[PDB]
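Drug present: tiotropium.
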Amino acid sequence: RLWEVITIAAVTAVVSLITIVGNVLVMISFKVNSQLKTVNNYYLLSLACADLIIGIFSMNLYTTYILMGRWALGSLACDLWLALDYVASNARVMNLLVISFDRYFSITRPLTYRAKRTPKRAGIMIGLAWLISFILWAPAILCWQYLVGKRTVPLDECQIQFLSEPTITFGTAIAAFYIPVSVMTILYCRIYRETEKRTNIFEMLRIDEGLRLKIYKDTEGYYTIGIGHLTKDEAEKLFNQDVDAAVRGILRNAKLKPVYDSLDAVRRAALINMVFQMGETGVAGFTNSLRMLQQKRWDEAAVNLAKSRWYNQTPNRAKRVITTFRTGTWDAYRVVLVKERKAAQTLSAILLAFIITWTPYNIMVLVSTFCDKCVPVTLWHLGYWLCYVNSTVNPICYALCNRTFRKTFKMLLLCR
Ligand SMILES: C[N+]1(C)[C@@H]2C[C@@H](OC(=O)C(O)(c3cccs3)c3cccs3)C[C@H]1[C@@H]1O[C@@H]12
Ligand SMILES: CCCCCCCC/C=C/CCCCCCCC(=O)OC[C@H](O)CO
Ligand SMILES: CCCCCCCC/C=C\CCCCCCCC(=O)O
């Protein structure tokens with residue numbers, strides 16, 4: 001048993017040190033590389049805070065508890081450790097949920113969500129995650145004994161009072177793990193479905209006009225759906241019909257036909273994008289720019305289009321379309337596509353780490369719901385510690401799927 005105690009203590013000390021060093025590296029990287037100070041990474045910083053809490057306090061307190069075979073720190077210390085544990089881990093779950101929704105709405109809502117993403121909005125979401133986790137788990141763990149009247153926790157053990165019943169534990173697993181995991185998986189499936197296709201007209205108009213599966217009200221209040229069209233998943237045929245109608249309307253327009261016949265395929269795609277945004281009449285209003293584009297004067301037409309209401313209403317979309325006219329390449333949209341693909345890979349890595357490390361404990365909860373104390377305490381301990389290991393593996397996720405994080409980590413480690 002002594003050999004076992006030494007081995008467990010050594011392994012868990014090593015794992016705790018790796019967790020601490022990794023999340024401190026994440027924080028130092030966020031601090032000393034301005035290229036990492038993006039809206040996406042503030043959520044990752046929140047995750048690193050939860051993981052550092054897990055690595056310093058949770059791992060060491062839990063391992064001392066299991067090695068001593070009892071709790072020898074007092075009931076208040078047990079309740080404080082359990083509260084810290086459950087609040088920080090629920091905060092991690094909420095942070096993963098808000099990361100999922102942030103990425104999803106960035107992909108699907110460019111005007112209503114993506115153009116409005118500031119670090120303060122992200123900080124609101126982060127603080128709400130932490131505050132809701134706190135007000136849900138700390139009062140329960142600390143005052144359920146006062147709610148029932150008596151404290152039915154054994155003096156030598158450290159467990160939460162109400163989570164002994166299998167039905168309450170099952171409800172907690174459903175509302176706290178299974179429903180969040182289902183939501184994150186559905187959101188990631190949608191994000192991934194929008195990251196398989198190469199750079200084309202569909203992806204261009206999706207970047208400019210996000211894809212919505214449900215009928216919504218546009219900026220003017222009209223019932224639009226899909227890619228700016230006025231409830232399904234295969235809107236590709238609808239998109240083809242709309243771009244077919246757009247080409248047919250451009251070819252039947254006096255000001256748009258010669259320029260459309262003279263432009264490259266990429267520039268015809270830019271013209272179709274402008275027709276999608278404004279219409280045939282709106283694009284026909286740019287007679288000067290159309291004559292500049294028909295005469296292959298790309299720089300002149302670009303600087304002429306940068307002086308319109310279209311450039312001031314939507315700066316990013318107009319800049320991309322103007323760059324497409326000016327260069328005749330997809331690079332302005334290629335850049336957004338590779339950025340979104342990188343974000344998606346990072347999201348998938350952190351989601352898989354979470355799901356893999358936390359799945360055994362919650363499967364044990366399910367089995368214990370459908371049996372009578374059949375899951376041994378050894379397995380409970382292993383599943384608990386495995387959920388801790390999420391906090392250890394998350395910085396390795398950042399290092400394996402973000403080249404900026406990887407470069408900053410190598411700079412810090414080698415002390416460059
Ligand atoms: C190792 N933990 C620190 C403890 C045990 C695990 O708990 C979980 O996986 C559970 O689904 C459940 C525990 C009991 C019933 S359902 C969650 C609890 C809070 C959010 S999700 C993971 C985390 C969480 O802080 C608890
Ligand atoms: C334990 C229960 C705690 C209950 C909740 C109390 C704490 C809430 C704090 C939220 C800070 C999040 C806001 C900061 C996140 C990003 C916003 C921002 O702009 O931060 C810029 C700066 O660079 C970043 O250090
Ligand atoms: C998505 C995460 C879901 C989190 C689920 C939280 C589980 C809540 C379980 C029990 C809380 C019961 C109400 C506690 C009241 C606090 C004061 C008291 O204990 O009397």
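Throughout, residue positions are numbered sequentially from 1 according to the sequence presented. The figures here come from the full heavy-atom set of this structure, side chains too, leaving out hydrogens, waters and symmetry mates. In each ligand, atom 1 is the first atom listed, and ligand 1 is the first ligand listed.
Counting repeats, the structure shows tiotropium at ligand 1. Lab note: most contacts to tiotropium (ligand 1) come from the chain UniProt lists as Muscarinic acetylcholine receptor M5. Heavy atoms within 4.0 Å of tiotropium (ligand 1) belong to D85, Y86, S89, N90, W137, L163, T169, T172, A173, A176, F177, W358, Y361, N362, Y384, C387, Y388.
Of the transmembrane segments UniProt lists for chain A, numbered from the N terminus, those with a heavy atom closer than 4.0 Å to tiotropium (ligand 1) carry the numbers 3, 4, 5, 6, 7.
When each atom of tiotropium (ligand 1) is checked for a heavy atom of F177 under 4.0 Å away, the hits are 11 (O).
Under a 4.0 Å criterion applied to the non-hydrogen atoms of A173, tiotropium (ligand 1) contributes the atoms 16 (S). The shortest N/O to N/O separation between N362 and tiotropium (ligand 1) falls below 3.5 Å.
Of all protein heavy atoms, the one lying nearest to atom 20 (C) of tiotropium (ligand 1) is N90 ND2, 3.5 Å. Of the protein's non-hydrogen atoms, the one nearest atom 15 (C) of tiotropium (ligand 1) is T169 CG2, 3.5 Å.
Near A176, the atoms of tiotropium (ligand 1) lying under 4.0 angstrom from a non-hydrogen atom of the residue are 21 (S). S89 CB, 3.5 Å is the protein heavy atom nearest to atom 24 (C) of tiotropium (ligand 1). Those atoms of tiotropium (ligand 1) with a heavy atom of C387 less than 4.0 angstrom away are 1 (C), 22 (C). Interface atoms of tiotropium (ligand 1) facing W137, defined by a heavy-atom separation under 4.0 Å, are 19 (C). Ranking the protein heavy atoms by distance from atom 14 (C) of tiotropium (ligand 1) puts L163 CD1, 3.8 Å first. Of the protein's heavy atoms, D85 OD2, 3.2 Å lies nearest to atom 3 (C) of tiotropium (ligand 1). The nearest heavy-atom contact from the protein to atom 7 (O) of tiotropium (ligand 1) is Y361 CE2, 3.5 Å.
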Present, as a list of atom pairs with distances to 0.1 Å, all nitrogen or oxygen contacts under 3.5 Å between tiotropium (ligand 1) and the protein.
residue, atom, partner, partner atom, Å
tiotropium (ligand 1), 9 (O), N362, OD1, 3.3
tiotropium (ligand 1), 9 (O), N362, ND2, 2.9
tiotropium (ligand 1), 11 (O), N362, OD1, 2.7

